[PDB]
Structure formats: structure tokens, C-alpha cells
**Q** 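Okay, here's the structure, questions in a sec.
Residues 4-32, 36-169, 183-353, in that order, are what chain A shows, numbered as in the PDB entry. Atoms within each ligand, like the ligands themselves, are counted from 1 in listed order. Determination method: X-ray crystallography, 2.3 Å.
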Amino acid sequence: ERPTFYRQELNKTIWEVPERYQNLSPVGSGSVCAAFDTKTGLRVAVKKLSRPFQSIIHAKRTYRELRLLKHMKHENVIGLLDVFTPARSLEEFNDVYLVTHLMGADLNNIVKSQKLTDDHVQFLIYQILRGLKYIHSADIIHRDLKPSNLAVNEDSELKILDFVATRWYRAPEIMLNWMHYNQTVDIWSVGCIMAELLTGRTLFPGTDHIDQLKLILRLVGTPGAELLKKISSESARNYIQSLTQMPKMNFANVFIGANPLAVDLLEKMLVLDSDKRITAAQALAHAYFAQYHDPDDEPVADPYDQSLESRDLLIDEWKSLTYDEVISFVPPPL
Ligand SMILES: NC(=O)c1c(OCc2c(F)cc(Br)cc2F)nsc1NC(=O)NCCCCN1CCCC1
Ligand SMILES: CCCCCCCCO[C@@H]1O[C@H](CO)[C@@H](O)[C@H](O)[C@H]1O
């Protein structure tokens, strides 16, 4: 039934964890301990949520985190090994712990600013897209994909996480608060990430927000005619007007001696017009990933309720709902 729990002090707070989890050790600030799940053999990250039910917006966040994590069932996407609470009733619920695979390094810790081989980039980017295809099939946009959101083990096996200047991988529309994003915001991010692995260099290293935008326009050129027609705001329309022409650079010269398949994929991801960017499903089918591509093991998600978290409710209802998600949780198939 319910497992036995044990208590120990950690991070200015008492952690009450099941028995099966051992040698907890703080490895970040909620706050996280690294631990060994003796039950399963795995190294895990165990997250104690700081103040999950503080406000309407915290409680809302808790419930939405749990619900997304519980929905994420894919090799290339972080997923939940366990969720627990000491509480033996709702009356007494306030503490939430999440459990997932301990990961030792992210894509800065692999990248070491050294350029990777084509075959390695192929593999890493393949996995990102495999993972993205699936997130996107759930009508989930990630919105802030970047090396530090990309977890990787010693064998180059990758997982997308939700958690370096954090703006370098952002879709330009996000930085212009465009507010009706396509899924292809993530594709922009992958493009910048891919470019970086191949070259060893940040592709758009903006020092500030506008410089960032400036570096991008150097690469792709200025909004062409068909993109310019789409600017809702007049003044942008009008400012963007007041720029001069500058034509896209030839990526082949920007990416000197890269596999031309990679260049060609870079050219389909790094299109200003989000409506013209290659999708993840399409990019997986790109001849660049011929060695990895398999259309029968690149699985979609069950659909997922975006509005069901955007309710206006009272802390007690969020907390009751989160409680129900904690109770109903069934660990993944190992
Ligand atoms: N995943 C992990 O191993 C991890 C982690 O997971 C939090 C966490 C949960 F606890 C539970 C759920 Br559910 C989701 C979730 F994101 N917080 S820190 C950390 N790993 C770590 O500090 N390794 C040693 C330092 C290397 C830098 N690494 C690269 C990747 C992460 C930082
Ligand atoms: C300063 C001009 C550079 C920014 C151009 C960004 C164009 C991004 O693409 C735009 O994204 C929108 C979704 O957010 C779509 O609705 C538009 O149709 C699409 O053209």
C-alpha cells in the first residue's frame, strides 16, 4: 500500500521521503536533492516544491507542472519517475516531491564551446526534433529551448527539460512580444542550437535585446514583401518599412564546409517568417537525418488540455486537484 517514509533535514527544511530513495544530496535550488532510488537502481533528482500553494498563481503553477510532467511519456522528454507527498489526507497536504532521472550534464557541458562532428550533431539534433515532434503533437509549445534546457548523458542520449545568455535561442517574434506564437518558435531555437554545435560558436550572441534582433537581421536579411504585409501594428510595419533592403546571407559561406544537408536544413529552420519554417515532423524526414530517421518509432502524444490549467480558481481547488494528481499517479513502465 503506502510505503514507509523517513525524515531528514536538508536545505533549511525537513524532507520526508519514501524509503526507497537514499543518499539525498542538495545539487541545486524548488530545491533539489540527488538521490539513489534503491527500488529501481536509478540515480534520480528529487524535487521538493517550495511554497506550491502560496497564491492562486503558485498553486496554479504547481498543478500545471504536475499535469504536464505526468503527461510527458517519451525517450527524449523529461518525465516523471515518481510524485509523492507524506500527507495521508487532503486536510494535511502541503508538500509535493517530484522524481526524475538524475542527469549529469546539459548541452553546455557537452558543447564545451568545441565544435562537434557532423554525425554527432545529426544525432543530437535528431533527438531534439524527435522530442519536439511529440511535445508539438500535444499542442504544447516549449517557448524557451536552449542548451541548458537540453539534458544529455554520457552516451549522447538527450532529454528536453522545462527548467549562457538566455535570449540567444529565442524566436525573434517572442522577443518582439508578438503573442500568437507558432510551434515553429521551437524550430527557430533548434536552428540556433544546431548552428552552434556545428560551428562551436553562438550564432546570434546579442549583448542586449535590440542587438540580438540586429544580429538576426544580418543573417536572414530584412522582412521581405510577403512578411511585411503581416505586421498588425502599423508603426512596426512603418519602422520596418524605414529600414533599407539587405538580402539574406548565403548560409553556405556562414557555415563554411558544413555538410550541405546541414546548411540546407539550417536554411529551412532559420526563416524569419514562422509560417515558413520547417516543422519538426518535416525536419526529421529531412535527408540530413537519413541515418537516424524511423517513421514508426517517432511517436506522437495523446492530446493535452491547455485551457484546463487557465482557469481562475481558489487555492483550495488547485490544491484539491493537485492532490488528486498525486494520488492517481502510476509510475512509468520500467
Ligand atoms: N535532472 C537532473 O539531474 C537535475 C535536476 O532536476 C530537477 C528536476 C527534478 F528534481 C524533478 C523533475 Br520531475 C524535473 C526536474 F527538472 N535539477 S539539477 C539536476 N542535475 C544536476 O544538478 N546535475 C549536476 C550538475 C550538471 C548540470 N545539470 C545539467 C542538467 C541539469 C543540471
Ligand atoms: C523586425 C521584424 C523581424 C521579426 C519577424 C518575425 C516574423 C515571425 O513570423 C510571424 O509569426 C506569427 C506568429 O507569431 C505569425 O502569425 C505570422 O504569420 C508570422 O509571419
**Q** So what's the drug over at ligand 1?
**A** CP-547632
**Q** Find the chain in most contact with CP-547632 (ligand 1) and give its name from the PDB entry.
**A** Mitogen-activated protein kinase 14
**Q** Going by heavy atoms, is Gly31 under 4.0 Å from CP-547632 (ligand 1)?
**A**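 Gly31: no contact with CP-547632 (ligand 1) (<4.0 Å).
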**Q** For chain A, which organism does the PDB list?
**A**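 The PDB lists Homo sapiens.
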**Q** Have a look at CP-547632 (ligand 1) and work out which part of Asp168, if any, has a heavy atom under 4.0 Å from it: side chain, backbone, both or neither.
**A**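 Neither part.
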**Q** Report yes or no: does a heavy atom of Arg49 sit under 4.0 Å from some atom of CP-547632 (ligand 1)?
**A**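 No.
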**Q** Okay, which residue that UniProt calls active site in chain A is closest to CP-547632 (ligand 1)? And the heavy-atom distance, rounded to 1 Å, please.
**A** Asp168, 5 Å
**Q** Between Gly110 and CP-547632 (ligand 1), does any nitrogen or oxygen pair lie at a separation below 3.5 Å?
**A** no
**Q** Report the UniProt domain in chain A that accounts for most contacts with CP-547632 (ligand 1).
**A** Protein kinase
**Q** Define the binding site of CP-547632 (ligand 1) at 4.0 Å using heavy atoms, by chain and number.
**A** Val30, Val38, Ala51, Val52, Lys53, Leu75, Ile84, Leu86, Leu104, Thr106, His107, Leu108, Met109, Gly110, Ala111, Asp112, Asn115
